[PDB]
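Flavin reductase (NADPH) in complex with sulfasalazine.
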Amino acid sequence: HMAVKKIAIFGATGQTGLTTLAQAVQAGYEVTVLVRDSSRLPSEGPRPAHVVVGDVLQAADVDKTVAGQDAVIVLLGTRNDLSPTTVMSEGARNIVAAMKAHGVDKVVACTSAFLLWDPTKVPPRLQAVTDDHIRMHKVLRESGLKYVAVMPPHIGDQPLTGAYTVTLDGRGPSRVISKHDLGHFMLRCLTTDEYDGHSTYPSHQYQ
Amino acid sequence: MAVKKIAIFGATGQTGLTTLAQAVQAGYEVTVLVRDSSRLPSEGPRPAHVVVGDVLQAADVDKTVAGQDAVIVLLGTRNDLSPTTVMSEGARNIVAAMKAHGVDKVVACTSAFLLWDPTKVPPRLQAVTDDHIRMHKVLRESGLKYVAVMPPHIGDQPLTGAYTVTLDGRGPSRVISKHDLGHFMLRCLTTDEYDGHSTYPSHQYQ
Ligand SMILES: NC(=O)c1ccc[n+]([C@@H]2O[C@H](COP(=O)([O-])OP(=O)(O)OC[C@H]3O[C@@H](n4cnc5c(N)ncnc54)[C@H](OP(=O)(O)O)[C@@H]3O)[C@@H](O)[C@H]2O)c1
Ligand SMILES: NC(=O)c1ccc[n+]([C@@H]2O[C@H](COP(=O)([O-])OP(=O)(O)OC[C@H]3O[C@@H](n4cnc5c(N)ncnc54)[C@H](OP(=O)(O)O)[C@@H]3O)[C@@H](O)[C@H]2O)c1
Ligand SMILES: O=C(O)c1cc(/N=N/c2ccc(S(=O)(=O)Nc3ccccn3)cc2)ccc1O
Ligand SMILES: O=C(O)c1cc(/N=N/c2ccc(S(=O)(=O)Nc3ccccn3)cc2)ccc1O
């Protein structure tokens, strides 16, 4: 028996999402993904249990993805596009509404460690994306759901270790986390309540 | 010039609720225009007068503005993604009512997007921003004493009364708590120094 077994992953086709999905399938989760029509999961990769094709900006599609889950992981982003956007915050608004309507409480959602910085220290090139992370975090904090705010520093390509530091409610001692370790942490947050209502900063020294 | 009686439009919104609470605690005699009274809190500070109606209805606006010393505007649209004229049409009704009743002072919130390049606006916020621009022009062209408040991201941090106000430009911080923003709206009732200017309240919260 698995207490948390059915999960929705938003952003499963992305850099962190692909390894989070692979790790979740290996760990025995029954994974539902929401994918945009033109960007499905790769053919040879791990297969989720359920695929909804649609858009996080459509409440109906988010409702179809959240229905019947035990928990939600959010790895939405805009790839290498740094333009002004609201896809993460509006997506989170739809996810919150769906979770409430469907009785799902646990949401583990990735924004960024810039939400623990002096705002004057965010690089201007990243300020438009960070502004939407700030909007998204406010939506999730005000929802009343069991929300783990994951606020990573630079996401790298180093290995899965499971040995990273998790700093609560502040910046940690390294400035990198591998995408594989970030995905491992998102899944770890499904199985404990200790991070609920906190900000978390995962980081590691790869050596 | 002393302001005692104010109307607040948008009193049931996130900034409106704390502006209303702060105004009642400070002694203002507050009139609000609300579409649904159940959205006002049952406990604690309550306004002195409640008009049930719509800012799009000139007669409801007229009933709200009658007898006031000043008007605070904290209108906004919920989730409008595409062209909308609620705020600017509301502002037209507010202006007409202020002129008809001899009310000379209006402090109105739009957004700091009006202080930055238009390409900084997220596409899905373009329509609300376009109507903020229309509302701002309505208020500037009215000849009324108008303080334009153009806040950045509105946060949930506790009131500080310690924020910065930048005049006709942007300040060095990118968030204002809804509570500090409401405190600033009220401060604008106690002075003429911001009239005819754009104002950018911002602060660093821890
Ligand atoms: N160093 C870093 O790169 C760094 C550091 C800290 C924080 N962050 C933030 O961490 C988060 C995760 O980053 P990442 O690099 O893993 O993500 P990513 O590679 O940018 O992937 C973004 C995911 O979101 C999906 N998506 C975007 N718009 C969508 C929409 N309208 N509807 C449904 N799905 C949508 C994308 O799907 P498609 O396949 O359809 O595009 C993709 O699966 C991002 O928010 C990022 O800003 C990144
Ligand atoms: N969210 C941000 O960070 C941010 C940042 C900068 C600027 N702004 C802008 O700041 C202003 C205040 O924002 P806010 O978040 O505090 O507002 P909000 O929570 O969205 O509240 C909007 C207020 O306007 C009222 N309203 C809407 N349509 C009305 C109508 N036809 N007649 C009468 N009242 C009506 C609403 O009444 P109901 O309760 O009846 O709906 C509510 O009281 C907005 O114009 C917003 O666009 C927001
Ligand atoms: O595309 C990107 O490169 C991108 C990057 C993003 N964030 N990158 C970050 C965010 C935070 C950091 S950080 O490592 O410098 N934070 C720190 C710094 C010092 C001490 C502790 N923590 C480093 C990189 C956020 C969105 C993005 O799109
Ligand atoms: O820096 C910011 O985050 C910033 C944010 C601002 N946000 N303004 C708004 C205005 C309206 C809303 S809304 O929730 O009611 N409607 C919406 C929300 C998203 C997309 C389309 N419509 C949401 C945000 C406005 C100016 C800013 O500088």
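Quick note on labels: first sequence line is chain A, next is B, and so on, each numbered from 1. Per deposition record, X-ray crystallography, 1.5 Å. Every number for a ligand or one of its atoms is a count from 1 in the order of the listing. Note: hydrogens, waters and symmetry copies are ignored here, and every other heavy atom, side chains too, is used.
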Indicate which ligands or chains correspond to sulfasalazine. ligands 3 and 4
Other chains near sulfasalazine (ligand 4) with a heavy-atom separation under 4.0 Å: which ones? A, B
Shortest protein heavy-atom distance from atom 21 (C) of sulfasalazine (ligand 4), along with the residue and atom involved: B:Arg124 O, 3.0 Å
Using a strict cut-off of 4.0 Å, indicate which atoms of sulfasalazine (ligand 4) neighbour a heavy atom of B:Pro152. 27 (C), 28 (O)
Short N/O distance, under 3.5 Å, between B:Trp116 and sulfasalazine (ligand 4)? no
Please state which protein non-hydrogen atom is closest to atom 24 (C) of sulfasalazine (ligand 4) and give its distance, to 0.1 Å? B:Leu125 CD2, 3.9 Å
Distance under 4.0 Å to a non-hydrogen atom of B:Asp80: what atoms of sulfasalazine (ligand 4) satisfy this? 21 (C), 22 (N)
Under 3.5 Å: N/O of A:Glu90 near N/O of sulfasalazine (ligand 4): no
Among all protein heavy atoms in this structure, tell me which lies nearest to atom 6 (C) of sulfasalazine (ligand 4), with the distance rounded to 0.1 Å. B:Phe113 CE1, 3.6 Å
Is there any N or O on B:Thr77 that sits under 3.5 Å from an N or O of sulfasalazine (ligand 4)? yes
Closest protein heavy atom to atom 1 (O) of sulfasalazine (ligand 4), given as residue, atom name and distance to 0.1 Å: B:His153 N, 3.6 Å
Which organism of origin does this entry record for chain B? Homo sapiens
Quick check: B:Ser111 and sulfasalazine (ligand 4), any N/O pair under 3.5 Å apart? no
Considering heavy atoms of the protein only, find what lies nearest to atom 3 (O) of sulfasalazine (ligand 4) and give residue, atom and distance to 0.1 Å. A:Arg135 NH1, 3.1 Å
Which residue and non-hydrogen atom of the protein lie closest to atom 14 (O) of sulfasalazine (ligand 4), and at what distance in Å? B:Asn79 ND2, 3.8 Å
Could you tell me, for sulfasalazine (ligand 4), which of its N or O atoms are under 3.5 Å from any protein N or O, listing the pairs and their distances rounded to 0.1 Å?
unit_1	atom_1	unit_2	atom_2	d
sulfasalazine (ligand 4)	3 (O)	A:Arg135	NH1	3.1
sulfasalazine (ligand 4)	15 (O)	B:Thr77	O	2.9
sulfasalazine (ligand 4)	15 (O)	B:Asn79	N	3.4
sulfasalazine (ligand 4)	16 (N)	B:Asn79	N	3.3
sulfasalazine (ligand 4)	22 (N)	B:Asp80	O	3.1

